[PDB]
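The following structure holds zanamivir.
The chains are labelled alphabetically, A first, in the order the sequence lines are listed. Residue numbering for chain A follows the PDB entry; the residues present correspond to positions 307-774, in that order. What you see of chain B is 307-775, where the numbers are those given in the PDB entry. Computed from heavy atoms alone, side chains included, the values below leave out hydrogens, waters and symmetry copies. Atoms within each ligand, like the ligands themselves, are counted from 1 in listed order.
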Amino acid sequence: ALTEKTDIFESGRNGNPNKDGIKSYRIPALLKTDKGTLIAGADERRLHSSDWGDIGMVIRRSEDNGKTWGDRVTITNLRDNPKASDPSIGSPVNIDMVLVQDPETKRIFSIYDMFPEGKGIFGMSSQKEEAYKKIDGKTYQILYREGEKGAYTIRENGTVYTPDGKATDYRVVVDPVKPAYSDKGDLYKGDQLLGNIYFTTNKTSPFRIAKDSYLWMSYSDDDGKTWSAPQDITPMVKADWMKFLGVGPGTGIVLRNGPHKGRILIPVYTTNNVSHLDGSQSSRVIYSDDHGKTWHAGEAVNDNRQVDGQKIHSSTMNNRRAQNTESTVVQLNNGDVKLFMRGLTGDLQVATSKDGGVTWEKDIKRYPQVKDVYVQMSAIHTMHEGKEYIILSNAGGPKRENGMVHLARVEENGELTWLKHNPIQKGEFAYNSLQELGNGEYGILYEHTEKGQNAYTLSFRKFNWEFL
Amino acid sequence: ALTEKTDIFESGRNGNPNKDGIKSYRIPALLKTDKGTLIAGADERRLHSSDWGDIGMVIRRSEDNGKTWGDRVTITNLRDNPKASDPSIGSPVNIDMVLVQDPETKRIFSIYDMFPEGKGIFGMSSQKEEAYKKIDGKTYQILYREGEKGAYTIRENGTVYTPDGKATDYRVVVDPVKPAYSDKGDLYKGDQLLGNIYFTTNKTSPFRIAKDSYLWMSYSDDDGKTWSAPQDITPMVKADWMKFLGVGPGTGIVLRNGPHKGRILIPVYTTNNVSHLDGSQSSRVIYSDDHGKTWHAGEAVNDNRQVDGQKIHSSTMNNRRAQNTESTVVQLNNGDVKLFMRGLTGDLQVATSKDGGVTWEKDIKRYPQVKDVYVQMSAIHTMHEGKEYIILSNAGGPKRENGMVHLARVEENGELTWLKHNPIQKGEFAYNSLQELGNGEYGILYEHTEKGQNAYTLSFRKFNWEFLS
Ligand SMILES: CC(=O)N[C@H]1[C@H]([C@H](O)[C@H](O)CO)OC(C(=O)O)=C[C@@H]1NC(=N)N
Ligand SMILES: CC(=O)N[C@H]1[C@H]([C@H](O)[C@H](O)CO)OC(C(=O)O)=C[C@@H]1NC(=N)N
Ligand SMILES: [Cl-]
Ligand SMILES: [Cl-]
């Protein structure tokens, strides 16, 4: 039925670091690859357990269906500002990942947020700063220089150009080479390292990127063993009005049927400048139809949505209860895509797309038989004995506690009928990620603490249909 | 040295329409063409004197340097919604024009605001509605259908397409043929007129455009005698964050020197969704380098502007005094572009661009010797006996009264030295447009009323260098 928990990422105790000098881990993503391998992804939080600071994007691999796991592999870990007054806020931040595999190329993607040095989503400015500039059909990332108003650009070879279009003696590391790509954004003049473009305080170089929220992507073509340098996918998908744009962490999908088969779907959510985190968080997907080469934004669930009288839009809404945030995405056999969205109604909110994730139907469906206490969830499609189901896992409540694995039957019209609700973990329970394993068996990687563990320890369990 | 006022567009009196059935005129634009022709543009307000309603874009032409003027020529006048409960707010709106001629092609452009039926800039919604959709690289205007969430599109030949991209039996008049193009936007099912996509109340067709602020353009290739159908230029220039985008009315320029010579510059201004008309009004220019065929937005004066030791952006600002609204644009002989902007400081605010209107220098210069009572102004470059000057006209104050023509020497470093401040019209004085007429003479079309004349009557005067100095 259900196995006992195996601890995959171990957090420290009583506010102290673990044996690796790491305080805690958060944000599980569980990928079951084509070769049977399980990739377990996490935020690795070295210094403290906040939503910022020194966080690396890390994975572990199990080649025996989750029994034993290899050593941590670091995808990305940007170097700290060695001059920051407060190291707790003195690192450029990567935070929250989504994992997915392309089933044709077998390429594995990790998509995650990036912010310059500071407090991440909780450090965002009230004012927009332009991040990119289009010059002769090429999009360049902008750099700002203290006491100068104009936009410098990073062009060919990482060479920095003046606002007026002339090459400088300065250059950015745009092809990072150090372990964990900790050299990305390093600012040189000739062969002299001066600082880093992601540093925002006590700078030793003249240049910095726009203070904003970014989305990065790294990929692996060797079953998660090694990873590419980070690719900045922001300018492909972030609209000029968006404040925050970030992933809904967990595991993305690839569409298996319909006109859009082969489409990679990555849950994301945005905020606007009208109400930001107070009334605007809005879920959507970004997608790629060319096996991860180019990315596009779908429309938000909240775009032209009717809410208590009146239409809203994600770019202009200010409605706490109509927010939807981190989400988990599933495709049905009839071609429909369901988006299970974290929200503030107390129960499960589901949006439906008829066109492979680009637009959403007018109604958000509420399922009062599945509680949602305002915490991430994960959901996967499953076939059992020729019958179509959805498995969804989240906290049972009243707080981030008592982990549940809910089983739904999907009807021919895509309506969901909730059959079973199975507690899987007493005590602390938060973020979780599900995968199908290959028999009637399923794996879950989740957040949980016991015995004074720092939030969180990430643990793994297998269950089967008899548990379900 | 200063002629008596000649009335060009005459308002009615005591809230009554004039002889032509028109309550009032507003928003002068004066343009001296290649031919020597003077074109005077205006908002023609049929129903009342507010910032919405039934408003036509109209011109008159003078062929004798402002002495006599011909009959009204209507550029654009969208038909009213015949089913609207309140006629004063029952018409799609055009409002505020900029005129400019391309010196090479001789083409004359009128660029002006458009809004569907309602209260114009004072009727904008709190929530965005997407207005355009790119389908396989092609940009189409969206239509919304009663009882449906999805975006229909207006495609080739005006054919309305479903959200899934199927042709319907519905069609939009995209190539209007009626006088003043009053049929633009008409919605047909095959051969039967059903209603109009610009109507927002008591609709008789199923379809309507996004509720938004738009920018339209019409052009003349025959010295202002006839005009093209309106071009919707909005998607070329309006960003996904902009709430209002509209012209700073008057007369635009064509750059006459430097690497961007030939560039057409059109003052505009935006608001955002953070503070709209309370704290985000921000000047910039849109420009064309291909003789008016395609248009691009410059950056706002307020983009990356330091205010109170902190950087703002036009898209996110909320600062009353940092706003800059309608503006007038002038190029210096050194290549620099000056933007004189209506503002809330009580005095004249000027921005400088060194890249042909695309970005603006960090410091907005203020001149305490020219008052700004928060009203439109016009300014023009001029040369007198080998020396460079700018002439600017606006109200002297305290209110919108006491028209002034100000004269500045432009110094070698681009600094302006204000030399003379000459009264040109006592009593009411508001919007105005200046043009150099040649041989030391200048013309001005301006808003003024007397004895119970509805706001406003548009009058013309000519003056010479002697009046200036
Ligand atoms: C980018 C970011 O800050 N991600 C946050 C997330 C976020 O703050 C909320 O969704 C905003 O409403 O909340 C939570 C949470 O547990 O509620 C965890 C993530 N924390 C970490 N990955 N450390
Ligand atoms: C599009 C529009 O509403 N244009 C308005 C303009 C505008 O309301 C302000 O600049 C907003 O701050 O103000 C004025 C004005 O006299 O202050 C006249 C124009 N009115 C007419 N053309 N009727
Ligand atoms: Cl630095
Ligand atoms: Cl209609």
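Counting all copies, zanamivir can be found at ligands 1 and 2.
Measured by close contacts, the chief partner of zanamivir (ligand 1) is listed under the PDB entry as neuraminidase A. Contact chains for zanamivir (ligand 1) (heavy atom under 4.0 Å, other chains only): A. Here no covalent bond joins zanamivir (ligand 1) to a chain. For A:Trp358, the heavy-atom gap to zanamivir (ligand 1) stays at 4.0 angstrom or more. At least one heavy atom of A:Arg706 sits closer than 4.0 Å to an atom of zanamivir (ligand 1).
The proximity of A:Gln682 to zanamivir (ligand 1), defined as any non-hydrogen pair under 4.0 Å, does not occur for either the backbone or the side chain.
Among protein heavy atoms, the minimum distance from atom 20 (N) of zanamivir (ligand 1) is reached at A:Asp357 OD1, 2.7 Å.
Heavy atoms of A:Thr631 come nearer than 4.0 angstrom to zanamivir (ligand 1) in no pair at all. Interface of A:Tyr680 with zanamivir (ligand 1), defined as ligand atoms under 4.0 Å from a residue heavy atom, comprises 12 (O).
Defined by non-hydrogen atoms within 4.0 Å, the binding site of zanamivir (ligand 1) is A:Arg332, A:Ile333, A:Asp349, A:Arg351, A:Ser356, A:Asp357, A:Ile401, A:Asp402, A:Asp419, A:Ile427, A:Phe428, A:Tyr575, A:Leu583, A:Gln587, A:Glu632, A:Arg648, A:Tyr680, A:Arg706, A:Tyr737.
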